[PDB]
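In the model that follows, one finds inobrodib.
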Amino acid sequence: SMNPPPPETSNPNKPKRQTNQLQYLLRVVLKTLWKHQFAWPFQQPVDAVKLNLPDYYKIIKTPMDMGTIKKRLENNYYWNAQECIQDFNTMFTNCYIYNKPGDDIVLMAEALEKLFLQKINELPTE
Ligand SMILES: CO[C@H]1CC[C@H](n2c([C@@H]3CCCC(=O)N3c3ccc(F)c(F)c3)nc3cc(-c4c(C)noc4C)ccc32)CC1
């Protein structure tokens, strides 16, 4: 099987706005997770061809990753902060769907998710 194309990251037909919460999601939340020791597997779409995982995209139909999330933020793809938070959650739960619970990559995603939730609790008002 081929890989699917990556998720859309820009849509000129979607309205665009800057908000304090979206800026925080980019400049603090995403940046902190990006620099975490376990970030590398989550920095781009899963290359199931390279990883020899022919069933990945048979099981995962809503792929999401931090490279896509960051591009979405940079392209003003999200109107509401909750849309971005949803994509982070999708990334984590995809890992928990595809992989067996004791697997190293699941433990790594759990560590990233714990830090994510801490940073989301510091989201500013507005
Ligand atoms: C830019 O090149 C990429 C970097 C991440 C590489 N990678 C790796 C590399 C190569 C394969 C073996 C290995 O140990 N990897 C690795 C290497 C260094 C790390 F710091 C690390 F956390 C993992 N493992 C990946 C696992 C996943 C994954 C996700 C997310 N959900 O389910 C699975 C399976 C995704 C990517 C993985 C694949 C090539």
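Residues take their numbers from the sequence shown, with the count starting at 1. Both backbone and side-chain heavy atoms feed into the values below; hydrogens, waters and symmetry mates do not. Both counts, for ligands and for their atoms, begin at 1 and track the order of listing.
In this structure, the main binding partner of inobrodib, as named in the PDB entry, is Bromodomain-containing protein 4. The binding site of inobrodib (heavy atoms under 4.0 Å) is made of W40, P41, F42, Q44, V46, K50, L51, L53, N99, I105, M108. In this structure, atom 32 (O) of inobrodib is in close contact with the protein, since a protein heavy atom lies within 4.0 Å of it. In this entry, no covalent bond from inobrodib to a chain is modeled. The organism that the entry gives for chain A is Homo sapiens.
Contact annotation for atom 6 (C) of inobrodib: protein absent (non-hydrogen atoms, distance under 4.0 Å). Taking every non-hydrogen atom of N99 and a distance limit under 4.0 Å, the qualifying atoms of inobrodib come out as 31 (N), 32 (O), 34 (C). Using a 4.0 Å cut-off to heavy atoms of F42, the atoms of inobrodib that qualify are 30 (C). Most residues around inobrodib in chain A come from the UniProt domain Bromo 1. Under the 4.0 Å distance rule, the nearest protein heavy atom to atom 12 (C) of inobrodib falls outside the cut-off.
For atom 1 (C) of inobrodib, the nearest protein heavy atom is under 4.0 Å away. Residue, atom and distance of the protein heavy atom nearest to atom 3 (C) of inobrodib are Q44 NE2, 3.9 Å.
Protein heavy atom closest to atom 19 (C) of inobrodib, with residue, atom name and distance, is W40 CE3, 3.8 Å.
The single protein non-hydrogen atom nearest to atom 23 (C) of inobrodib is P41 CG, 3.9 Å, given as residue, atom name and distance. For atom 28 (C) of inobrodib, the nearest protein heavy atom (residue, atom name, distance) is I105 CG1, 4.0 Å. Remark: minimum distance from atom 34 (C) of inobrodib to any protein heavy atom is reached at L53 CD1, 3.7 Å. Where the criterion is an N or O separation shorter than 3.5 Å, residue side chain and backbone included, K50 fails it with respect to inobrodib. Within inobrodib, counting atoms from 1 as listed, the ones closer than 4.0 Å to a heavy atom of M108 are 22 (F). Atom 24 (N) of inobrodib has as its closest protein heavy atom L51 CD2, 4.1 Å.
Protein heavy atoms are absent from the 4.0 Å sphere centred on atom 9 (C) of inobrodib.
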Could you give the N/O to N/O pairs under 3.5 Å linking inobrodib and the protein, each with its distance?
| residue | atom | partner | partner atom | Å |
| --- | --- | --- | --- | --- |
| inobrodib | 32 (O) | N99 | ND2 | 3.1 |

